[PDB]
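Bound complex of Bifunctional AAC/APH and kanamycin.
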Amino acid sequence: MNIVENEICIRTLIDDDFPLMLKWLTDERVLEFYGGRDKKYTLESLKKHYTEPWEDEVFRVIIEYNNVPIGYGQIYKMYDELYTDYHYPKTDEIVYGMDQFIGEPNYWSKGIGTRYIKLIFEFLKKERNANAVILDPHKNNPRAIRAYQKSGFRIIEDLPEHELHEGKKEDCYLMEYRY
Ligand SMILES: CC(C)(COP(=O)(O)OP(=O)(O)OC[C@H]1O[C@@H](n2cnc3c(N)ncnc32)[C@H](O)[C@@H]1OP(=O)(O)O)[C@@H](O)C(=O)NCCC(=O)NCCS(=O)O
Ligand SMILES: NC[C@H]1O[C@H](O[C@H]2[C@H](O)[C@@H](O[C@H]3O[C@H](CO)[C@@H](O)[C@H](N)[C@H]3O)[C@H](N)C[C@@H]2N)[C@H](O)[C@@H](O)[C@@H]1O
């Protein structure tokens, strides 16, 4: 995948990206909201994690802003494990999920995440005929939730004790965008 829209480039993750990703995912500012501050990656263990295979389609991408890599996304075709855990019914609809972080905190709350999401929405519509996109943020991450609401996602389910984060199972929302 490769998308360019003025300041933003979204492109496929390659092995050369992992040292900078290690910087992001050893940064306690970033880890508070993605992964958890108790994660202890090395370059090798991070690469192992981010090269684990997926049952169905996945896009792993790097987000660049003004020619500097600043974050990471993964965009994945929905699969049975997640349909089940989300209590989100499998239908004839084409559904994707997406996880992402901006690893440069100076680029938070400047609208870049919302620009990124909308570019992915457009890609999935034209390239995959997607009908819905879903994700599952922590209830106590309002910056993410508000970005997702700006982008068109709506809360559709409560997911109690959904995700272990820093030793505690955090309540989440299931949020859905339907074009
Ligand atoms: C979640 C992001 C990708 C969102 O992208 P970002 O570019 O920051 O979002 P945005 O388009 O600026 O929208 C954020 C909105 O929330 C607002 N906001 C910031 N902090 C807030 C808070 N504590 N409470 C409520 N709103 C807040 C912010 O001002 C902005 O609103 P606007 O000023 O545009 O009206 C990014 O903040 C990020 O990477 N954060 C750290 C990692 C992370 O949380 N990843 C997602 C995990 S979640 O499980 O999906
Ligand atoms: N709300 C978004 C959340 O996104 C991540 O968590 C997600 C993991 O990334 C997924 O893991 C997949 O991606 C890994 C990296 O490619 C692979 O190793 C692994 N085999 C894959 O299944 C897992 N399935 C769901 C989990 N919620 C963050 O850590 C978490 O903080 C944040 O809240």
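Residue numbers count from 1 along this sequence. Counting starts at 1 for both ligands and their atoms, following the listed order.
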Kanamycin - ligand or chain assignment: ligand 2
Residues within 4.0 Å of kanamycin (heavy atoms): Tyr34, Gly35, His49, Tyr50, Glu52, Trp54, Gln74, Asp99, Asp136, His138, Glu163
Dominant UniProt domain of chain A around kanamycin: N-acetyltransferase
Polar proximity kanamycin side, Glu163 side, N/O cut 3.5 Å exclusive: yes
Numbered atoms and elements of kanamycin in range of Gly35, under 4.0 angstrom, heavy atoms: 28 (C), 29 (O), 30 (C), 31 (O)
For atom 17 (C) of kanamycin, closest protein heavy-atom neighbour: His49 O, 3.6 Å
Kanamycin to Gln74 polar contact by distance, N or O atoms, under 3.5 Å: yes
Sub-4.0 Å protein heavy atom next to atom 28 (C) of kanamycin: yes
Nearest neighbour in protein (non-hydrogen) for atom 20 (N) of kanamycin: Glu52 OE1, 2.8 Å
Atoms of kanamycin, numbered as shown, that sit under 4.0 Å from any heavy atom of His138: 33 (O)
Nitrogen or oxygen atoms of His165 and kanamycin under 3.5 Å apart: no
Nearest non-hydrogen protein atom, atom 21 (C) of kanamycin: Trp54 CZ2, 3.7 Å
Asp136 N/O under 3.5 Å from kanamycin N/O: yes
Heavy-atom nearest neighbour in the protein, as seen from atom 24 (N) of kanamycin, with distance rounded to 0.1 Å: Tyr79 OH, 4.0 Å
